[PDB]
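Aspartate carbamoyltransferase catalytic subunit, liganded with N-phosphonacetyl-L-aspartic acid.
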Amino acid sequence: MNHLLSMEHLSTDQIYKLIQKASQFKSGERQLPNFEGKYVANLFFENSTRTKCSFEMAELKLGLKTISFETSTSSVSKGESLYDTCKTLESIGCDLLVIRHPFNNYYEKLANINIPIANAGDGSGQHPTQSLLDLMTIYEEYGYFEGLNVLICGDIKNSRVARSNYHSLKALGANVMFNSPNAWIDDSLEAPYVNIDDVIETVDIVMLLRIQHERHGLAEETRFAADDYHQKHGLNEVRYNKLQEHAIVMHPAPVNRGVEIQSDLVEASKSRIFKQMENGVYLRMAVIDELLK
Amino acid sequence: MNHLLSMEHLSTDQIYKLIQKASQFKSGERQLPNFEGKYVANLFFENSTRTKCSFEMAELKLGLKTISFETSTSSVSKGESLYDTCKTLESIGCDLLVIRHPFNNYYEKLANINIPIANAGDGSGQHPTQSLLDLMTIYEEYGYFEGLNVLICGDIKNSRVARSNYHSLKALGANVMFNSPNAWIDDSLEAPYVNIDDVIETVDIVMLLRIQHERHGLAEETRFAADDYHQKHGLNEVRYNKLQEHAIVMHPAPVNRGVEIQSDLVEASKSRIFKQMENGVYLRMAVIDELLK
Amino acid sequence: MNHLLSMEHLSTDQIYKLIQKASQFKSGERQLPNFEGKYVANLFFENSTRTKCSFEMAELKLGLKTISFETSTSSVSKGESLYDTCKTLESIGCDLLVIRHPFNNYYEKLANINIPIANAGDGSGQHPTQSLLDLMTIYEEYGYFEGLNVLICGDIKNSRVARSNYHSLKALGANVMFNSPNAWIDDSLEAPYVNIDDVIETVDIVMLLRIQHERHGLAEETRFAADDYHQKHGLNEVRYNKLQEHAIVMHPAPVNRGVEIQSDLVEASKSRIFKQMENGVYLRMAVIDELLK
Ligand SMILES: O=C(O)C[C@H](NC(=O)CP(=O)(O)O)C(=O)O
Ligand SMILES: O=C(O)C[C@H](NC(=O)CP(=O)(O)O)C(=O)O
Ligand SMILES: O=C(O)C[C@H](NC(=O)CP(=O)(O)O)C(=O)O
């Protein structure tokens, strides 16, 4: 594990080792590693609160120091390529890069980078640390994946979260289903597309997605009606009350309250939305350990 | 104390204890506390040099580590509420939030946050750390507040500094007076409005304010004449030369040289403007201690 | 050395002492100094990747802590002058300022700053840490400067790098030559202006410059042709193949690949472009040591 770029690059063995290490860091069963003397740069070319702040928390707790990089004050405005930016940070003594970039598969331009890269998101491609922390949360809830009924609702084709989660849940033997507006069906993902109300009473995990407005074109954005989306594709009171006693609600965040989820359900008893954000720190510690060990 | 949001929330006893702790940190009479292992996020949704950099100096000197948050690169652009931002930073393991936000009373939306909040400014509402460092500076100058004659000149109704200082000085038994253009009189603050030249010879403390151009409407901004404002409401040579031997000049900064104050008076003998910024570090150390103990 | 503002302020003795200290830090011959307990602010009012990130790497490796300052979130929008910003950071307990600013000779407004200032670039004026790391790289390559043939190609009159390097190379007894489009000839620098192809076979060092598009006026930017610039002023395959066995290629970065340099030459055997970026960390450690000693 030289890099962490895509869930398609991980075996189920590597997924279990990362999840179990993260759980043992969190429980105190395993003491945190010490990487005092090592440096990390966080390169966020798209916006982030959780992924950037939780990577920073993980890095500082493992004794790394950060090199500040804000895109808009960098020599990117002078015409510097992503490769030159990464190779520059290597040359000045960085031991690790964490990169979120708007280009799908940006990491294919970074073959000649000799320090580990953690992909914090490539456009609508992969979000492996979101997927791993989602899997960690499910594993802590139930202790197993095989036969789990998972419904992923919302903007599927524009979601790096849906893509990473589909591949890894399927490989772990979960039953993945999608609910989507017709416009946002992803043909590349072979799982059934269903009505929420046909399956809500027999699902174990409902994963809600934010609508990726900033990834959409003009026609989609001009015809968007929030109230109509909520009625057809959102978790409301009636749908929440049909969840089995054991079932949980997940969302990679941020939430648009009243759109994909009724506001007062965000911190309802079956929600693990804020739990996911806590777990992300421990999972990112496990990723850092695997890359720098 | 659990939070520091408003001077209306503090007793004069709490004000004295904060001022005295800050002075003892500054003098070396009291050793700095050690909060190694704790994390703070600085959330500045309005611009800042002093409040943000001095909070950062105070945090680092007490052994805290910071989680970087720039508003414009955060998931706020994806539609995340202030509450969700704060609860997210709590969930990932922040022990303290320092928040400046343009909404008056923003902190009333943060009742369900379980970690301490220091208000670095809520629009035109409160600026409690400015008020406390102003009070610390006055206390170090004179050793008492009762019967002090304080003139606060400039944009009163748009000033969180004037509002916080009015409440706390009045509670400590100071005589508070205002000089304002008619447009910027604050009706909510019961203190006399006076002409500078009627009281300048008998004041102990002149506090100058910056004009809050960024908080004004079109009509105010289109009619503004800097030279006319300076003649009527500014500290010039003639007004400075009428100050008593013991009197001091204060300004929360930044200064607009030639508007509320003649340029060469910013670092004149009776100015405590740069002294206030030094004292701000020690007062913010005292606040952090109270919030994290 | 109280400040580092201009190469015109340094003796050749001071240049040798800085270069040799930087080389001994890099080789491990000399242990890094420990400035734990000291604070630095990095004030980048123009964009930077190397100069800002390498100063930060140098600062953290010497045990300094940074006070975050981003121009666009500072009280500069409230009308604060550069002097007031610097004097504020002094007052709050900063021990060192690193400043990049668009105004040529900005530092002449900072006479009343009482802490050391390192100039990370003043408009088209001076870039002393670039020049010193360029000199360090040449010194490690050859062990001497006297009689060295150095060709500096590109936008000369808009380059703080060309200005700093001209003065210091000439003082060390190197033979400095320029290649420039007619528009970008600098009259203030008395060195021959030559065609690349007339001297390429006899030069020891080719230093390429980026075109300073952001420092240009309308007429220059509207008539720019990248293709034509590359043919006349760029390092291509034919020019690279004419270099002496011992000759090196330098560039302060970032590179515009295909303009001043053919893409596949950036990491060719004779290139020291990424070596320069590594050396900059050690040179900036030596500068910080000299200023805080
Ligand atoms: O799912 C979303 O809507 C955004 C999604 N979520 C995150 O990773 C959280 P954040 O943007 O705060 O780091 C992402 O793909 O970036
Ligand atoms: O009143 C002013 O001029 C600004 C005033 N002062 C400050 O706190 C200083 P700064 O904006 O640099 O943190 C404020 O209310 O933010
Ligand atoms: O030569 C250039 O193009 C810019 C030149 N280069 C640098 O110093 C490197 P950076 O801008 O990444 O700090 C400068 O003058 O800043």
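A, B, ... follow the sequence lines: proteins, then strands. Residue 1 opens every chain. All values below were derived from every heavy atom in this structure, side-chain atoms included, with hydrogens, water molecules and symmetry-related copies excluded. In listed order, ligands and their atoms are each counted from 1. So how was this one determined? The header says X-ray crystallography, 2.3 Å.
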Query raised in the report: Counting only non-hydrogen atoms strictly under 4.0 Å, which other chains reach N-phosphonacetyl-L-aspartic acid (ligand 2)?
Result: B, C
**Report entry** Contact partition for B:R100 relative to N-phosphonacetyl-L-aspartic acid (ligand 2), non-hydrogen atoms under 4.0 Å
**Finding:** side chain
Query raised in the report: For atom 1 (O) of N-phosphonacetyl-L-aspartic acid (ligand 2), which of B:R215, B:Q276, B:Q212, B:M277 has the closest heavy atom?
Result: B:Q212
Report task. Return only the organism name the entry records for chain B. Result -> Staphylococcus aureus (strain COL)
Query raised in the report: Taking distance alone, with no angle check, do B:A253 and N-phosphonacetyl-L-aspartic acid (ligand 2) share an N/O pair under 3.5 Å?
Result: yes
Requested in this report: State which residues of chain B, listed by UniProt as binding carbamoyl phosphate, have a non-hydrogen atom closer than 4.0 Å to N-phosphonacetyl-L-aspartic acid (ligand 2).
Outcome: B:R50, B:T51, B:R100, B:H127, B:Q130, B:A253
Report task. Tell me which UniProt L-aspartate-binding residues of chain B have a non-hydrogen atom under 4.0 Å from N-phosphonacetyl-L-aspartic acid (ligand 2). Result -> B:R160, B:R210
Requested in this report: Pick whichever of B:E46, B:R160, B:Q130 has a heavy atom sitting closest to atom 15 (O) of N-phosphonacetyl-L-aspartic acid (ligand 2).
Outcome: B:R160
Query - Site of N-phosphonacetyl-L-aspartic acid (ligand 2): non-hydrogen cut-off 4.0 Å - result: B:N47, B:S48, B:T49, B:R50, B:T51, B:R100, B:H127, B:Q130, B:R160, B:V161, B:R210, B:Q212, B:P252, B:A253, C:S75, C:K78
